[PDB]
**Q** 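I'd like to ask some things about the structure below.
One is the number of the first residue; the rest follow in order along the sequence. Heavy-atom basis, side chains included; hydrogens, waters and symmetry copies ignored. Order of appearance sets the numbers: ligands from 1, and atoms from 1 within every ligand.
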Amino acid sequence: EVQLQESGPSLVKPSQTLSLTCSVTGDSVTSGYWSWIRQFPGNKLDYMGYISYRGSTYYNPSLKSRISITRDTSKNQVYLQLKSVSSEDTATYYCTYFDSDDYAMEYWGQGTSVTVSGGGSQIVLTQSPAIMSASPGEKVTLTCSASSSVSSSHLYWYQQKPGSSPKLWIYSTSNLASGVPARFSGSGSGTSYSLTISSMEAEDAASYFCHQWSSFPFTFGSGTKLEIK
Ligand SMILES: CN[C@@H](C)Cc1ccccc1
C-alpha cells in the first residue's frame, strides 16, 4: 500500500556529493518516518537516518555533518544527500517507510546501487554462525546476541534473498509479519534472541538479519546465511 523507489547516479567520484531521491507512491499517510538504510558489499546493513511526517530528522552519529535528509512533499519525494563520499560509501541504498502506530509493517524500496571509485554509541548485534546449511525438514535455530540490552518489542528480524530487498519477517521478538509461514517463530529477551523454523523448506534458504531500534542509532546484525544441504 506504500510503494517506494530510489534513483540517482550509480557512480560517484571521491569527495563528491551523493544525491538520491526516494519517490513515494501509493496511499496517503498521516504519520511515520522515511528512513535511508544502506547495505554494504557483504551485506551489512547501516541505518543512516530518517525524516518524519513532521519533517523532524535523526542522523546516524557516524554520518553527521555529511548527511542530510529532506522532503519535497508536493512531489511526494524524500531525498538523501551525503557529502565528501569515499569508497566506504559504496552500497545499495534503500528508502523505507514505517509508522510506529503499527509495529507489524515496514515497506522497503527496490534499492539503488552506488559505487565510489560525530561521537556516539551503538548496540552491536551478533549473529553466529555467519553461514549455515541444513537439510529439508530439520528444525533450525538462528541466534542474535546484543552487546547491550534491548527492549523485546523493538527486536526485529528480516529475510533477504539475492537480488531483492530485506523483508520484515518477525516483529517485536515473536510476531510473524504478513507473508511469513507459521513454521517460523522467535523468542528471547534482554540481550539474547532466536528465530526458529520448525521444519526447514527449500524456500527458507536466504539471509536473516536481526535488528534493534530500541537505542539510537538503530543497528542490524551481520546476518546468518541459511543454505539448504
Ligand atoms: C523497525 N525498523 C525501524 C528502522 C523503523 C523506524 C524508523 C524510524 C523511527 C522509528 C522506527
**Q** From the list methamphetamine, zonisamide, iobenguane, give the drug seen at ligand 1.
**A**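 The compound there is methamphetamine.
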**Q** For methamphetamine, which chain gives the most heavy-atom pairs within 4.5 Å, and what name does the PDB entry use for it?
**A**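 It is most in contact with Anti-METH scFv.
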**Q** Taking heavy atoms and a cut-off of 4.0 Å, what residues surround methamphetamine?
**A**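 Heavy-atom neighbours of methamphetamine: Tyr33, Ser35, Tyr47, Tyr50, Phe98, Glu106, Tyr156, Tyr158, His211, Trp213, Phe218.
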**Q** Hey, which atoms in methamphetamine end up nearer than 4.0 Å to a heavy atom of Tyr47?
**A**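 Listed by number with element: 4 (C), 7 (C), 8 (C).
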**Q** Distance to 0.1 Å, residue and atom name: give those for the protein heavy atom nearest to atom 7 (C) of methamphetamine.
**A**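 Answer, as residue, atom name and distance: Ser35 OG, 3.4 Å.
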**Q** Heavy-atom contacts with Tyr156 under 4.0 Å: which atoms of methamphetamine show up? List them by number with element.
**A**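 Methamphetamine atoms under the 4.0 Å threshold to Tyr156: 1 (C).
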**Q** Students should be able to answer this: which protein heavy-atom is nearest to atom 6 (C) of methamphetamine, and at what distance?
**A**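 Looking at atom 6 (C) of methamphetamine, the protein heavy atom closest to it is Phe98 CD2, 3.4 Å.
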**Q** Mark up the atoms of methamphetamine that fall under 4.0 Å of a heavy atom belonging to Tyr158, in ascending order.
**A**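 Here the atoms of methamphetamine in question are 1 (C), 2 (N).
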**Q** If the cut-off is 4.0 Å to any non-hydrogen atom of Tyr50, which atoms of methamphetamine fall inside it?
**A**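 Listed by number with element: 8 (C), 9 (C).
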**Q** Consider every N or O of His211 and every N or O of methamphetamine, then say whether any pair is closer than 3.5 Å.
**A**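 The answer is yes, given that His211 and methamphetamine share an N or O pair closer than 3.5 Å.
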**Q** Write out the residue and atom name of the closest protein heavy atom to atom 2 (N) of methamphetamine, then the distance separating them to 0.1 Å.
**A**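 Protein heavy atom at minimum distance: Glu106 OE2, 2.7 Å.
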